[PDB]
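Quick notes on the structure that follows.
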Amino acid sequence: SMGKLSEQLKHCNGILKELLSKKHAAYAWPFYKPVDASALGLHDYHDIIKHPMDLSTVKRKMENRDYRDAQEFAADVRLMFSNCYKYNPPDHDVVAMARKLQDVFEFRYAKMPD
Ligand SMILES: COc1cc(OC)c2c(=O)[nH]c(-c3cc(C)c(OCCO)c(C)c3)nc2c1
């Protein structure tokens, strides 16, 4: 393999599986598919959020070898969360859910050895 990079991408793949898993579903589910701005009525979503991201897209990119390394994977997970914080008011339910999921992500990702 390309060894350590490859190892760390496998580690990321496990983090992604965890984020998608039933144990986190109570707060992760808004992040399972792209934001459907039409259905939600967010007429300006794509005007404010230039680079949408969600866990299904992270999964697709992982599987398609589009990430060089764990840092690029993490950047997309963080982009997903940051888009949520960017678009929404701080008191919104989805922002709270994003934080709750982010603190799982950040703890798991931080445990990856350098
Ligand atoms: C169903 O999944 C989602 C995922 C989302 O982000 C990951 C969002 C999201 O970022 N904002 C909203 C959202 C929905 C409505 C109806 C809102 O009121 C618009 C009228 O004032 C606002 C402020 C946010 N819904 C999501 C749903």
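To match the PDB entry, the residue numbers of chain A are left as they are there, and the shown ones run 342-455. Every number for a ligand or one of its atoms is a count from 1 in the order of the listing. When reading the values below, keep in mind they use all heavy atoms of this one structure, side chains included, and skip hydrogens, waters and symmetry mates.
The option from RVX-208, GS-441524, LY2811376, L-thyroxine that is found at ligand 1 is RVX-208. In the deposited model, the macromolecule with the most close contacts to RVX-208 is named by UniProt as Bromodomain-containing protein 2. Site of RVX-208 with heavy atoms closer than 4.0 Å: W370, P371, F372, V376, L381, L383, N429, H433, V435.
The nearest protein atom to atom 6 (O) of RVX-208, hydrogens excluded, is given as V376 CG2, 3.5 Å; this is a heavy-atom distance.
Shortest contact from atom 26 (C) of RVX-208 to any protein heavy atom: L381 CD1, 3.7 Å.
Counting protein heavy atoms under 4.0 angstrom from atom 20 (C) of RVX-208 gives zero. Shortest contact from atom 8 (C) of RVX-208 to any protein heavy atom: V435 CG2, 3.9 Å. Atom 1 (C) of RVX-208 has as its closest protein heavy atom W370 CZ3, 3.8 Å. Of the protein's heavy atoms, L383 CD2, 3.7 Å lies nearest to atom 17 (C) of RVX-208. Nearest protein heavy-atom neighbour of atom 4 (C) of RVX-208: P371 O, 3.5 Å. Chain A: most residues in contact with RVX-208 are in UniProt domain Bromo 2. The single protein non-hydrogen atom nearest to atom 24 (C) of RVX-208 is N429 OD1, 3.2 Å, given as residue, atom name and distance. Remark: RVX-208 atoms within the under-4.0 Å shell around heavy atoms of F372 are 7 (C).
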Within the protein, flag every N or O under 3.5 Å from an N or O of RVX-208, and note the pair and distance.
{"from": "RVX-208", "atom 1": "10 (O)", "to": "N429", "atom 2": "ND2", "distance (Å)": "2.8"}
{"from": "RVX-208", "atom 1": "11 (N)", "to": "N429", "atom 2": "OD1", "distance (Å)": "2.9"}

